[PDB]
Protein chains: 2
Amino acid sequence: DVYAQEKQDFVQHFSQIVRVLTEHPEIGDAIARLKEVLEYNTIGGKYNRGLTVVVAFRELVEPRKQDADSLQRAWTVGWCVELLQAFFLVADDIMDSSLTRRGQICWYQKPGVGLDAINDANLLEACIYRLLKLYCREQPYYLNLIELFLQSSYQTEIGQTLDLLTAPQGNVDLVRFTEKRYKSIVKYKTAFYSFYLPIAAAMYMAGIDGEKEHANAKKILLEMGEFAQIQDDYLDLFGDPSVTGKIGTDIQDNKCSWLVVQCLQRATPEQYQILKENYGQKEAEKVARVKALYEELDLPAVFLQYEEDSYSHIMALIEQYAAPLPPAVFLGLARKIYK
Amino acid sequence: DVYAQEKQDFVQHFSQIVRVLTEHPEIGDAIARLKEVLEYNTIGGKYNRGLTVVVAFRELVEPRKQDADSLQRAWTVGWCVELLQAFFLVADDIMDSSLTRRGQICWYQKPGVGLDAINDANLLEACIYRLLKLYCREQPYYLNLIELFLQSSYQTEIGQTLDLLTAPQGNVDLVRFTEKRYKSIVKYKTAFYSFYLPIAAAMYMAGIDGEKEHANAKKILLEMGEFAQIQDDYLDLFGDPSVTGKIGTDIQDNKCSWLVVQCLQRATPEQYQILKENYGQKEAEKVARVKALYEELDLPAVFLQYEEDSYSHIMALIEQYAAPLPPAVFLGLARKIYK
Ligand SMILES: NCCC(O)(P(=O)(O)O)P(=O)(O)O
Ligand SMILES: NCCC(O)(P(=O)(O)O)P(=O)(O)O
Ligand SMILES: [Mg+2]
Ligand SMILES: [Mg+2]
Ligand SMILES: [Mg+2]
Ligand SMILES: [Mg+2]
Ligand SMILES: [Mg+2]
Ligand SMILES: [Mg+2]
């Protein structure tokens with residue numbers, strides 16, 4: 001695996017990122033806190049979004065053009081994608097009332113952190129533009145990268161607004177949980193930043209700035225993003241937290257999950273009433289009742305059939321839109337998403 | 001007053017900003033929520049930071065160069081400074097546990113908003129870069145403006161970290177409340193975004209990009225920022241909430257206020273013990289005890305003498321560093337700050 005090898009080399013570069021971001025004695029205490037925020041929240045994941053930048057860069061740039069400075073800028077932009085994700089996740093954990101992430105308690109759940117995590121999240125986002133300035137300022141793709149990260153943040157935030165508006169706390173929202181609504185939330189809240197952003201960053205760094213090539217890449221990557229969020233929704237309830245590193249909250253949070261959308265399409269009038277009575281509530285027995293209904297409607301089997309259909313669809317889109325990019329750019333990512 | 005006239009003309013342009021930011025039917029609901037966030041949080045203030053952009057622009061640019069498009073870009077950048085402030089304040093109200101702002105309950109205290117305000121704050125920040133792209137993309141100062149707003153956000157966030165680290169909830173922190181600590185917090189948390197950012201934005205728009213001229217402007221503006229935060233700290237306890245539009249929380253939040261720093265410099269060993277026992281706690285009787293101690297040490301009189309000394313100092317800095325900029329750029333702002 002092209003990711004599995006480059007993984008340890010990627011993590012080894014974190015130490016330099018922290019040193020450069022921690023490099024005015026008056027702000028000493030604030031800088032020591034930023035280092036703590038970085039070390040707790042940006043390290044511990046699979047680093048698939050950040051590694052995608054590095055792997056795509058090595059596949060798109062001519063090896064004679066892959067000098068020490070060029071590769072350093074590639075790893076740094078990969079770490080900017082990981083920082084963007086860390087910004088979103090620190091805040092998403094507060095708004096989703098989550099307990100754990102990447103095998104440890106959520107940063108905001110830590111004694112002595114609490115709602116100060118809001119500012120900590122904003123500092124993580126600020127660090128992206130600090131790194132882009134320090135390493136890419138004199139490059140011709142500088143403005144393209146800045147605008148890509150800003151645009152990806154706007155899209156994600158619009159997606160999170162849709163996610164939160166469809167999931168009001170204390171209100172029965174089954175009418176809102178439609179396939180059309182689900183597809184819009186997922187496109188904006190995760191597909192852009194998770195798949196389009198790292199490949200587009202590598203494309204701009206390789207000097208591929210054409211509107212058509214970015215549109216063709218986006219066509220594959222947004223569909224891959226849709227499947228990744230469906231899988232994330234499935235694992236929220238049916239995944240092993242020792243593997244996922246987090247505890248699911250979608251049922252309690254009244255979320256427009258892929259699971260609830262599939263339930264509503266297959267439920268009898270009686271089964272709809274069970275869902276209405278038990279969904280979007282904090283009671284453990286009500287959550288268990290929803291999971292029992294999902295297993296009764298064979299939703300894990302419906303998911304298994306969907307993964308197969310989605311995989312074939314994404315492969316047909318790679319055949320249609322990959323050119324002139326090497327298909328291996330999209331196949332490597334598809335190998336990581338589909339298990 | 002050059003601000004008092006241009007105030008109504010500034011507010012009249014908000015309608016266009018909202019229309020352009022609310023201009024894909026799938027994200028309809030999210031866009032309707034963004035409009036609600038903008039209308040609740042960006043309108044209702046004095047608009048002094050946003051007006052500073054417009055007034056400084058008209059004073060720095062030749063009237064023959066002040067065309068309809070140029071002025072439209074000036075009002076828009078003024079509204080970007082107001083959006084940046086709205087982003088910081090929506091989040092600062094959550095972390096300071098505030099109740100009201102600009103005469104109404106804090107956005108997060110609204111029933112049905114709560115911690116979703118975290119995402120709402122992030123959308124306000126995203127809107128800045130949406131407006132810069134839509135109006136300033138083809139201008140030579142585009143990258144300078146983007147970098148100025150990003151740098152101002154980083155500085156402010158570093159300042160807020162320092163503010164929160166010096167004010168731990170549940171801990172007696174009087175040792176930390178020094179003049180040197182206070183001056184660092186204030187420089188970063190408010191002075192850059194409140195005074196340096198709007199003048200620098202107008203300077204870049206007028207084609208004044210020289211390192212020396214920006215350094216000379218900053219020398220005046222950061223000192224003005226220091227006084228504005230001291231006045232804000234004084235009004236937190238001794239101001240009229242019908243005038244300030246907000247309720248003070250500095251004593252309850254264990255903040256390193258200018259007032260507590262002055263108290264600690266003038267307190268007898270007995271008075272220090274009263275402060276230690278009553279500061280940084282939510283009990284109304286303990287807050288009242290701290291205010292009684294402040295009035296006993298004549299801190300409102302100490303503030304009155306400070307405003308006079310600060311005013312003379314800022315005027316001496318205008319005489320020293322204003323040139324070649326018209327002194328009226330700094331005098332107009334000084335007239336607004338000093339009451
Ligand atoms: N997309 C952000 C984070 C998530 O994927 P996560 O499962 O919390 O990591 P969400 O389900 O809240 O959308
Ligand atoms: N500077 C941000 C907001 C304040 O000025 P405000 O008094 O809450 O408006 P703070 O005192 O929290 O610093
Ligand atoms: Mg979540
Ligand atoms: Mg979420
Ligand atoms: Mg999830
Ligand atoms: Mg405050
Ligand atoms: Mg504050
Ligand atoms: Mg205050």
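Note on naming: letters A, B, ... go to the chains in the order of the sequence lines (proteins, then strands), and numbering restarts at 1 for each one. In listed order, ligands and their atoms are each counted from 1. Only heavy atoms go into these numbers, but all of them, side chains included; no hydrogens, no water, no symmetry mates.
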| message | What's the name of that drug at ligand 1, by the way? | response | pamidronate
_So I'm looking at this entry - what's holding onto pamidronate (ligand 1) the most? Name it the way it appears in UniProt, please._
Farnesyl pyrophosphate synthase
ask   = Which other chains make heavy-atom contacts with pamidronate (ligand 1) shorter than 4.0 Å?
value = A
What residues, by chain and number, sit within 4.0 Å of pamidronate (ligand 1) when only non-hydrogen atoms are counted? A:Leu89, A:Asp92, A:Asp96, A:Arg101, A:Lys189, A:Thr190, A:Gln229, A:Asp232, A:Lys246
Which residues of the UniProt Mg(2+)-binding set in chain A does pamidronate (ligand 1) share, counting a residue if one of its heavy atoms lies under 4.0 Å from it? A:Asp92, A:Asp96
Do pamidronate (ligand 1) and A:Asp250 have nitrogen or oxygen atoms that lie under 3.5 Å from each other?
no
ask   = In pamidronate (ligand 1), which numbered atoms sit nearer than 4.0 Å to a non-hydrogen atom of A:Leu89?
value = 3 (C)
Problem set entry | Polar atom proximity, A:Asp93 to pamidronate (ligand 1) (N or O, under 3.5 Å) | no
With respect to A:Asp96, determine whether any N or O atom, backbone or side chain, lies less than 3.5 Å from an N or O atom of pamidronate (ligand 1).
yes
### Query
What source species is reported for chain A in this deposit?
Homo sapiens
- Query: Near A:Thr190, which atoms of pamidronate (ligand 1) are under 4.0 Å from a heavy atom of that residue?
  - Reply: 1 (N)
